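Figure: structure with flurbiprofen.
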There are 2 protein chains.
Amino acid sequence: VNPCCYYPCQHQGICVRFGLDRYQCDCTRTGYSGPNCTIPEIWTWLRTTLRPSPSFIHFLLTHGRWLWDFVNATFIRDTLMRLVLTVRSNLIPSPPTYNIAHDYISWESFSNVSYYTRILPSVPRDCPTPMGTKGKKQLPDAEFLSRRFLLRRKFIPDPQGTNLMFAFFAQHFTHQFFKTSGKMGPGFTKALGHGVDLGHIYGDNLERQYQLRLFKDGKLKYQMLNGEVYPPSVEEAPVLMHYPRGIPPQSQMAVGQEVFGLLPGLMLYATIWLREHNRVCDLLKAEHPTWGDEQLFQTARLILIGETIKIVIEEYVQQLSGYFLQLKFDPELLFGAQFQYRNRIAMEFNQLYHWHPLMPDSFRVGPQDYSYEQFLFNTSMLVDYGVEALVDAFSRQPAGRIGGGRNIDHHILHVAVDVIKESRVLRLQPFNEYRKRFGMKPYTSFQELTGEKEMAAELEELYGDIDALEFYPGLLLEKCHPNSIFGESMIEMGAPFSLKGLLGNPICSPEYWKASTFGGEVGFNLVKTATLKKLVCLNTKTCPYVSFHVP
Amino acid sequence: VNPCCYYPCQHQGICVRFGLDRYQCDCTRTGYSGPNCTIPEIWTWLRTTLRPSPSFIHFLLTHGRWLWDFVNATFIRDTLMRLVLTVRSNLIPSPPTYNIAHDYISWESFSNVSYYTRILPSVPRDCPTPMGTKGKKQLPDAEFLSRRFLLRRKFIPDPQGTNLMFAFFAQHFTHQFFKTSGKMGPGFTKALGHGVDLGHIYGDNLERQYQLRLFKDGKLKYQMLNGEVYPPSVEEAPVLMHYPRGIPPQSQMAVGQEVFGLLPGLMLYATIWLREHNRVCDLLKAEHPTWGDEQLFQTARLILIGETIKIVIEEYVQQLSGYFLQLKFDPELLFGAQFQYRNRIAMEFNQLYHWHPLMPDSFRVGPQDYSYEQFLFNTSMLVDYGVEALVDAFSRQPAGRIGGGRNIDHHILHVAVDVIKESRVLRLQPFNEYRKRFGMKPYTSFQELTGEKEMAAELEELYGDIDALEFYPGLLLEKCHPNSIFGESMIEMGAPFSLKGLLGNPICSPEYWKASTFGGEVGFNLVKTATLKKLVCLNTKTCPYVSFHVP
Ligand code: HEM
Ligand code: HEM
Ligand SMILES: CCCCCCCCO[C@@H]1O[C@H](CO)[C@@H](O)[C@H](O)[C@H]1O
Ligand SMILES: CCCCCCCCO[C@@H]1O[C@H](CO)[C@@H](O)[C@H](O)[C@H]1O
Ligand SMILES: CCCCCCCCO[C@@H]1O[C@H](CO)[C@@H](O)[C@H](O)[C@H]1O
Ligand SMILES: C[C@H](C(=O)O)c1ccc(-c2ccccc2)c(F)c1
Ligand SMILES: C[C@H](C(=O)O)c1ccc(-c2ccccc2)c(F)c1
């Protein structure tokens with residue numbers, strides 16, 4: 001049997017097949033040596049035994065407000081943010097390594113941007129079991145697994161107070177770098193760009209971008225409805241949008257991300273961001289009357305990218321982490337560090353981000369309560385209520401807890417079923433292997449994974465061995481931190497991907513992070529002081545309750 | 001008038017148009033301050049006043065063999081190589097900045113790989129003169145300029161002893177990353193990859209690659225002639241090649257770079273490298289009997305990329321530079337430094353690499369002397385003589401001196417004429433501006449540029465002002481270093497572009513530079529010990545005189 005099926009190499013060592021039945025582990029720079037990269041070097045040992053557990057650190061970060069309030073007002077804040085940024089980032093290979101086609105470094109994997117990368121190589125196709133060596137010959141039925149442990153019975157709100165304003169932002173934001181190609185199959189993406197390029201606003205290709213642009217003042221095409229600004233119709237912006245057959249072009253809104261017409265929440269943000277882009281163009285023109293359409297457009301896009309990163313780190317991730325430490329977006333924090341300003345979306349990151357539990361049982365907008373059937377392909381709700389109204393409603397309605405299990409609404413449970421199926425097609429390694437790859441000890445049992453006994457027992461019977469537990473199911477069923485939105489794994493694995501994706505952007509490099517890049521001091525400050533509240537309120541007639549936290 | 005036409009901002013400061021007639025310079029991180037970034041900071045001043053001139057350093061590097069021999073044997077070698085690598089590299093912006101369409105940072109310039117980047121923004125289209133502010137309203141006729149100062153009269157051999165083996169390597173090597181698109185126009189390239197990706201061997205696109213591959217043992221297709229291995233014919237490898245109409249497919253060789261069938265010298269290297277690829281596949285299969293075609297192919301490609309970089313730095317640049325310092329290819333030399341492992345080909349780099357003066361009056365192969373008309377599209381010479389014979393001939397024939405002027409054979413003078421024309425289309429800034437951008441003082445007169453009076457006087461009459469002298473003409477007409485192949489500019493401007501292109505390759509990154517990346521210790525050593533002699537001789541029946549230096 002293939003010796004690499006036993007995942008012999010530890011601590012990022014690379015398993016290579018040699019001869020007919022042998023294997024060797026390349027422990028280069030792993031900090032370890034030995035046949036399996038398990039014998040540590042002195043420093044590797046100190047470091048690993050002095051490192052407190054993720055749970056302990058989480059505790060420190062979510063307690064002692066008074067002490068943190070002091071720390072947040074000093075340079076210690078920066079010192080810690082830089083620490084967070086570098087330690088989380090180093091866990092992500094850069095340049096990227098493997099893809100669905102190559103379980104080894106190759107020029108094709110490096111240059112071929114249509115591929116999602118992957119942190120761990122796949123489970124060799126010739127292993128005795130689907131997960132490698134452990135588990136049963138056949139994995140649990142995806143549907144059953146989903147109905148049994150992910151289906152929502154009673155809506156469980158997020159203890160951290162996360163609202164739908166956050167949920168939809170999450171969806172909107174991620175769908176700019178998660179666009180799995182149906183034509184090329186899993187493992188492939190149309191979101192070339194691999195990060196925060198705002199392609200869900202400008203399009204993932206030039207032609208579409210040009211069709212969305214006004215080519216006047218660097219602005220984006222738009223239309224007026226009830227005296228408000230909204231994305232233009234597909235009639236005025238002949239772009240491909242995924243709308244149900246039967247919906248005429250003049251009733252479709254053209255935005256950048258083909259799938260956004262499928263949710264008011266999504267089109268809401270599409271509208272907000274579009275309004276903001278045109279707004280920045282105005283400010284820019286005031287500063288540079290000699291500039292043409294291109295430069296105004298390009299420069300505005302850069303400002304919005306900056307705004308997006310700012311809001312995501314300081315407000316989105318802040319809300320999501322619940323830390324008392326004040327997260328900070330300051331590219332300069334890495335100017336003295338070794339860091340590659342590039343990023344490549346990993347398939348695991350795609351899986352991990354399927355936060356469908358966040359969606360509610362229904363959508364409350366004022367006195368009205370809308371059902372999934374009234375909400376999903378609604379082409380009028382956004383215009384009927386307008387931006388302010390929806391922002392207020394979404395900011396007030398709690399979102400469901402992500403981890404813990406049994407919390408995905410039946411209307412969208414099919415997505416989880418497909419994520420599990422894709423996982424197997426992608427031949428993703430077992431959850432415990434990913435635990436190790438991200439610095440955690442593997443779970444020794446299901447009862448340790450879940451903080452209980454009922455589900456644990458059933459999972460053990462189904463999977464047969466904790467070492468067979470799959471990636472996504474593991475993330476969603478892992479016991480949550482005290483009163484947190486999800487378990488440690490989601491953070492320990494999710495943070496590295498996110499932070500590398502945010503800071504890995506070229507505008508965060510010494511070369512780009514200059515006032516001139518954003519049209520001058522005025523443009524630079526729009527980035528440096530971006531805010532969710534300002535994003536909405538500087539573009540709406542009135543200012544509603546806007547936040548990622550429920551009131 | 002546009003204030004940026006005066007190139008007011010110094011030391012890489014960025015000129016930005018403000019209001020109707022104003023401008024501001026963004027001096028961020030330039031080491032200077034002031035309206036024009038001319039007021040040096042304390043360290044900036046020390047460094048600039050303690051830095052000896054390029055000529056002085058050149059002198060040190062080309063004298064005192066005894067001392068250098070001692071140094072080359074110590075760690076000082078590594079120390080100096082690190083220095084050269086980082087100081088030269090820091091002069092190249094990474095991520096890249098501008099392109100033919102944008103004279104400012106933009107997401108499109110960053111993501112759009114079909115564009116060549118540029119170090120200096122173009123001469124604003126609305127400047128009083130073509131070069132900005134200096135010179136005449138009309139630039140000198142390209143043809144005349146070429147016939148007057150670049151046309152070869154009497155063949156001037158390279159004093160450093162460079163041969164045609166080197167000359168053909170240079171052409172072969174560069175055409176993998178210099179592939180200007182005719183359909184898209186100047187400023188656009190088909191060599192996505194922007195570096196040493198060996199696309200001239202494997203193709204610049206998958207389809208072409210696939211057509212060139214055997215899909216067995218990871219090898220490339222090939223054919224046998226006179227018992228020797230050669231690239232296959234277009235009949236077996238249906239791939240687009242630029243051969244003159246009238247030549248049958250059976251006489252066309254398929255290699256990777258469409259234009260290589262136009263010179264025995266080029267096809268020679270195409271054959272050598274192809275033989276080497278298949279050779280490495282053999283060694284790999286011996287090591288990994290379980291490997292499939294893909295991995296064998298991919299891994300062999302990585303090894304060849306490494307071999308190419310090793311040889312280019314330790315033998316190619318060594319010969320070219322004339323330095324007594326033993327250059328060294330070692331990715332680890334940068335592991336402690338801040339360095340972006342990415343590269344983007346600059347249009348200026350393309351211009352500067354037009355080394356046509358290297359070509360001779362005719363091509364001597366043994367007793368026979370071949371004219372340009374007998375050499376250029378010869379489809380039989382390579383097979384008639386075979387690899388060993390041509391390598392020996394090309395290694396023995398001296399190549400022409402690059403700098404100095406009046407040394408380009410009339411047969412190819414038209415290329416220079418076009419380079420000058422493209423320069424104007426690309427609106428490249430004046431030579432002196434590039435001098436500054438690369439750390440040199442601008443020439444105060446033509447007589448200072450050339451080391452003489454006659455041509456100087458005529459150039460002054462034609463251009464009117466030293467500040468109007470164009471990029472390429474400046475590189476070729478600048479007085480050469482003592483007994484060197486070219487002037488300081490060629491080195492001070494080209495070295496940064498070159499070294500960055502070599503070390504800024506993903507295989508030189510901590511993540512890729514591992515034995516596992518190249519199939520193990522055996523594959524790694526092929527890179528670490530690559531040599532021009534071995535490249536040829538481990539793939540030929542007999543071993544001829546092989547070198548970049550004439551005997
Ligand atoms: C109205 C509620 C939602 C619905 C109806 C919905 C529906 C879907 C559907 C149909 C798919 C593709 C399924 C397939 O191809 O089998 C999908 C993918 C996805 N969804 Fe949702 N979703 C919702 C909310 C969310 C939220 C709140 C997030 C959190 C950021 C999210 C994140 C994702 C991700 C990351 C993907 C995969 C992206 C890709 O591979 O292209 N979804 N969703
Ligand atoms: C048999 C001798 C040679 C001939 C006939 C030749 C011919 C040409 C021609 C016809 C072009 C394109 C001209 C145009 O589009 O107007 C060209 C481009 C070029 N040549 Fe040569 N060349 C020769 C030797 C060399 C050598 C020794 C080098 C040194 C590395 C070199 C470097 C280049 C470069 C860098 C380009 C531009 C690449 C691009 O933009 O695609 N050439 N040459
Ligand atoms: C003073 C420093 C002492 C360092 C000793 C560290 C002991 C690490 O011990 C290692 O543990 C691994 C996992 O159990 C084993 O696989 C290795 O073979 C073993 O050497
Ligand atoms: C109170 C000081 C807080 C400093 C923030 C540390 C940054 C978080 O660091 C994280 O710690 C985890 C647990 O050890 C590791 O598993 C992660 O890989 C690491 O990135
Ligand atoms: C005697 C030791 C020599 C070490 C080689 C130094 C590396 C070359 O360094 C170069 O020197 C030039 C001259 O000032 C500068 O103009 C270039 O910008 C710089 O990169
Ligand atoms: C700052 C903090 C950390 O590094 O611990 C952090 C950073 C990013 C995330 C995060 C995890 C998953 C998706 C999106 C964001 C997270 F949950 C926590
Ligand atoms: C090592 C040395 C240096 O940095 O001075 C060096 C490095 C690269 C070049 C070089 C210049 C133009 C084309 C190709 C190579 C060169 F001419 C000299």
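Numbered from 1 within each chain, the chains take letters A, B, ... in sequence-line order. So how was this one determined? The header says X-ray crystallography, 2.7 Å. Ligands are counted one by one from 1 in listed order, and the atoms in each one are counted from 1 as well.
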Help me out: which ligand numbers or chain letters belong to flurbiprofen?
ligands 6 and 7
In this entry, what is the main binding partner of flurbiprofen (ligand 7), named as in UniProt?
Prostaglandin G/H synthase 1
Which chains, by letter, have non-hydrogen atoms under 4.0 Å from some atom of flurbiprofen (ligand 7)?
B
Around flurbiprofen (ligand 7), which residues have heavy atoms within 4.0 Å?
B:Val84, B:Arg88, B:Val317, B:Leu320, B:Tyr323, B:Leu327, B:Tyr353, B:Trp355, B:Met490, B:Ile491, B:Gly494, B:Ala495, B:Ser498, B:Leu499
UniProt heme b-binding residues in chain B with a heavy atom under 4.0 Å from flurbiprofen (ligand 7)?
none
Chain B organism per PDB:
Ovis aries
Is there any other ligand or ion under 4.0 Å from flurbiprofen (ligand 7), and what is it?
none
Return the residue and heavy-atom distance (to 1 Å) for the UniProt active-site residue of chain B nearest to flurbiprofen (ligand 7).
B:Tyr353, 3 Å
Which TM segments of chain B end up near flurbiprofen (ligand 7), like under 4.0 Å by heavy-atom distance? Count them from the N terminus as UniProt has them.
4
